[PDB]
Amino acid sequence: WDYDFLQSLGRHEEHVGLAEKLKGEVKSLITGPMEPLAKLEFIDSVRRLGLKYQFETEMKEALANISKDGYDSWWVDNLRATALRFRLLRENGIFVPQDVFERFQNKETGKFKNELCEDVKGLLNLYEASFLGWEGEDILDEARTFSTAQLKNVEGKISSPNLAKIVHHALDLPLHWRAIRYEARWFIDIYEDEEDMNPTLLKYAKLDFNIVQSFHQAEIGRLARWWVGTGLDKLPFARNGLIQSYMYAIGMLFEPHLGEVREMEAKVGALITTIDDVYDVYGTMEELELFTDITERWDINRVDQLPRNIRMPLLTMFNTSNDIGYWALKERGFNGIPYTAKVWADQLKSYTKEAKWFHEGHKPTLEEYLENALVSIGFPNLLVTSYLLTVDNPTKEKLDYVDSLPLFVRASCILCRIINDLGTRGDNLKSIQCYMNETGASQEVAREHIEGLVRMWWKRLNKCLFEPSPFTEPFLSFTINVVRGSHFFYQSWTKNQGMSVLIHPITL
Ligand SMILES: CCCCCN(C)CCC(O)(P(=O)(O)O)P(=O)(O)O
Ligand SMILES: [Mg+2]
Ligand SMILES: [Mg+2]
Ligand SMILES: [Mg+2]
């Protein structure tokens, strides 16, 4: 990554009329007659190509009327149709019971019938649908285990390279857990080779992708300029994480109309990865204690006591925090500086508890560690910032409620932390080793336990999305998509993902 070259991008196309024509056509298709299984497959194709943000209402209405049609003959007895309907309806907020899978099980033992290994597409759809489940839905747990076992069994026996690629991709990460934009870039190429491929939808996908990528490149140019202006790229003992943070933010939100929010999120992310290193890599406890005190008091009057290599990240945090709070004051009429200050103070207190534990040789339980680490991962900061920047009529009360980390937000933060600990030269007190110290458990027993925690908290997020809350569409999607971006990173192979998504356009 030549940041010299990324300041280039965004400085330097009219396909927008054809884009609007293709959008009207795809929209008519979504409203079109569409025998119901074909309509489901089309809606799911539109989603996988990253186009749901264009056709929100049409997709919702189409799925709502599919749910309310008078007859079930078109999907019952059909595993692919049953699973796809389950998943899409339950993604749309329309509950479907797990009972619909019982007719594919041996009615005595509850096991899915081994003969289903003859239906690869149905197995894939059952697999994908299983990750829409909640706690206590045992049929969906069984569906996950069975489908994964069978798919890995037959992956070597599949001779269609396209379907082998799809099966391998699903085994890497289920669709429910995948970052939308990167998955869209992958599935454009995949969809171009599918059986019932619709060329109108494919062309619109490619064109819309290039346009959104143009917005992204302008954003990257501005952010690289700012980041060089901070001088933080030239820190020897701190990660140069501007482009990594922007990739995180793309996973969190990719819509062009949210661009400015992205930039701020990106900024915060960068600073997070810098300050963490200040706390994890190169910093005296006296230096970090002073860092934390200054941040808690929001008072930079004694900042010159710090060496300039620490003084620059601290003051960049300070000034960017004030800038974002003032953006809130100006554009939303609400001074957000106290809340950016609060979230940074809380995150530095979490960093401080972690560093103090290390120096003390403390070995916390997994629960204690996680209580601190859902904050130290930084996503309370990022999510409260996104809420500040996007909520209608911001108030002290709304901000206090979101910053209290209710179950929905707290589950997303926990997931980000434990996913990063599964993906992880620093502080070796992470999730796995905390559990090992707790229970004396094995390396791999602890790892599988943490993976089970991943599944459990995803179940809780799924059930949260069905339950009333004072949160609305954009923040909802933010909360899910930070977990998806975490899955994206801690599965450089991430570098070439950035090249394919943010740098190179799609040839048309
Ligand atoms: C974009 C904001 C999240 C990016 C990841 N941050 C660096 C978190 C820091 C960590 O996760 P990292 O593993 O050091 O990257 P930590 O485990 O030290 O808390
Ligand atoms: Mg770290
Ligand atoms: Mg750390
Ligand atoms: Mg770490």
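Residue numbering for chain A follows the PDB entry, covering 37-48, 53-464, 471-537, 547-563 in order. Note that ligands are numbered from 1 as they come in the structure, with each ligand's atoms numbered from 1 the same way. These values consider heavy atoms only, across backbone and side chains, with no hydrogens, waters or symmetry-generated copies.
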Asker: Looking at this structure, what macromolecule is in contact with ligand 1 the most, according to the PDB entry?
Answerer: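 Main partner, per contacts: Sesquisabinene B synthase 1.
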Asker: What is the name of the drug located at ligand 1?
Answerer: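 It's ibandronic acid.
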Asker: Taking only heavy atoms of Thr313 into account, list the atoms of ibandronic acid that are under 4.0 Å away from them.
Answerer: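 In order of number, 4 (C), 7 (C).
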Asker: Would you check the N or O atoms of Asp461, main chain and side chain alike, for any that come under 3.5 Å of an N or O of ibandronic acid?
Answerer: no
Asker: Can you list the atoms of ibandronic acid that are under 4.0 Å from a heavy atom of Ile417?
Answerer: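 Atoms satisfying the 4.0 Å criterion: 3 (C), 8 (C), 11 (O).
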Asker: Got an N/O contact under 3.5 Å between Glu394 and ibandronic acid?
Answerer: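 No, since none of the N or O atoms of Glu394 sits under 3.5 Å from an N or O of ibandronic acid.
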Asker: Which atoms of ibandronic acid have any heavy atom of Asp320 under 4.0 Å away?
Answerer: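 Per the distance check, 18 (O).
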Asker: Using a strict 4.0 Å cut-off to heavy atoms of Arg457, name the atoms of ibandronic acid that fall inside it.
Answerer: 16 (P), 17 (O), 19 (O)
Asker: Quick check: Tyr391 and ibandronic acid, any N/O pair under 3.5 Å apart?
Answerer: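 No, no N or O pair falls under 3.5 Å.
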